[PDB]
Undergrad: 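We have in hand a structure of Dihydrofolate reductase carrying methotrexate.
Shown for chain A, in order and in the PDB entry numbering: 1-161. Determined via X-ray crystallography, 2.3 Å. One-based numbering, in listed order, for ligands and for the atoms of each.
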Amino acid sequence: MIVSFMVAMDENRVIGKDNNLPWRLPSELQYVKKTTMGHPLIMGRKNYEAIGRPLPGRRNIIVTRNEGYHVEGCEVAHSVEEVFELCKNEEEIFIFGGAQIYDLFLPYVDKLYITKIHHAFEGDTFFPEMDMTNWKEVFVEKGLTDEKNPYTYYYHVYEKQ
Ligand SMILES: NC(=O)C1=CN([C@@H]2O[C@H](COP(=O)(O)OP(=O)(O)OC[C@H]3O[C@@H](n4cnc5c(N)ncnc54)[C@H](OP(=O)(O)O)[C@@H]3O)[C@@H](O)[C@H]2O)C=CC1
Ligand SMILES: CN(Cc1cnc2nc(N)nc(N)c2n1)c1ccc(C(=O)N[C@@H](CCC(=O)O)C(=O)O)cc1
């Protein structure tokens, strides 16, 4: 299948601060919503706890090592292979991150969905560095600024061959 990364990031690749986004952009969540809709979302359990609930219309798969972790409305995988085992006949798969989880699927990544925020937030979890060269870009577009989304941000999509 197609393994896709889906990340929002800072001009310095920052993706989170607390166990939370260092920003609050409701419109960003909607490009994200519409892109992933109808597709499994694989998210690290630390990511999940930052969302606190199952996101409708998609298979929510939560990656933990913890044999006893359960949340109603989500599957759980203790493994990259268990994730693939669950996504047996899937077409595309969205790695919804946590950097620990971006790290686990780096060998499998087929494409990239990156929002770039042009601003410096002082966060502490970063999106890992990626293949110099390789990935050819396929899509650029500018998002939506307003009171509530008061940062300049752009959607990007890359693909490797
Ligand atoms: N801006 C953005 O696009 C996004 C931002 N974020 C932010 O990033 C932060 C979360 O990222 P991060 O802290 O790296 O954590 P993660 O979201 O990657 O979740 C980490 C958890 O995944 C589980 N895990 C890690 N490795 C394995 C393994 N080999 N097998 C099974 N389970 C494993 C562990 O769970 P356990 O300890 O239970 O065993 C680990 O604690 C938060 O601040 C969040 O808001 C996250 C996603 C996107
Ligand atoms: C902490 N966080 C993770 C998050 C935020 N922005 C991202 N942005 C991108 N580009 N990629 C990600 N992986 C990403 N992940 C969240 C928090 C809330 C919602 C959320 O409730 N989103 C709704 C849409 C808005 C809503 O229902 O309130 C959804 O179902 O997608 C999603 C992501």
Undergrad: Where, by number or letter, can methotrexate be found in the structure?
TA: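 Including duplicates, the model places it at ligand 2.
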Undergrad: Extract every residue of other chains having a heavy atom under 4.0 Å from methotrexate.
TA: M6, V7, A8, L21, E28, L29, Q30, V32, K33, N47, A50, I51, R53, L55, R58, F96, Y102, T115
Undergrad: Suppose I only count heavy atoms of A8 and a 4.0 Å limit; which atoms of methotrexate are within that range?
TA: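 Near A8, meaning under 4.0 Å from one of its heavy atoms, methotrexate has 8 (N), 9 (C), 10 (N), 11 (N).
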Undergrad: Could you list which atoms of methotrexate come closer than 4.0 Å to a heavy atom of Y102?
TA: 13 (N)
Undergrad: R58 to methotrexate: N or O pair under 3.5 Å?
TA: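 Looking only at distances, the answer is yes, because the N/O contact criterion of under 3.5 Å is met.
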Undergrad: Of all the atoms in methotrexate, which lie at a distance below 4.0 Å from a heavy atom belonging to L55?
TA: 29 (C), 30 (O)
Undergrad: What atoms of methotrexate come closer than 4.0 angstrom to any heavy atom of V32?
TA: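 Listed by number with element: 8 (N), 9 (C), 10 (N).
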Undergrad: Between methotrexate and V7, is the shortest N or O to N or O distance under 3.5 Å?
TA: yes
Undergrad: Could an N or O of methotrexate be found under 3.5 Å from any N or O of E28, whether backbone or side chain?
TA: yes
Undergrad: Does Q30, backbone or side chain, put an N or O under 3.5 Å from an N or O of methotrexate?
TA: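 No, no N or O pair falls under 3.5 Å.
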Undergrad: Report, in ascending order of atom number, the atoms of methotrexate lying under 4.0 Å from any heavy atom of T115.
TA: 10 (N)
Undergrad: Which atoms from methotrexate have a heavy atom of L21 less than 4.0 Å away?
TA: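 Counting atoms of methotrexate from 1, those under 4.0 Å from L21 are 1 (C), 5 (C).
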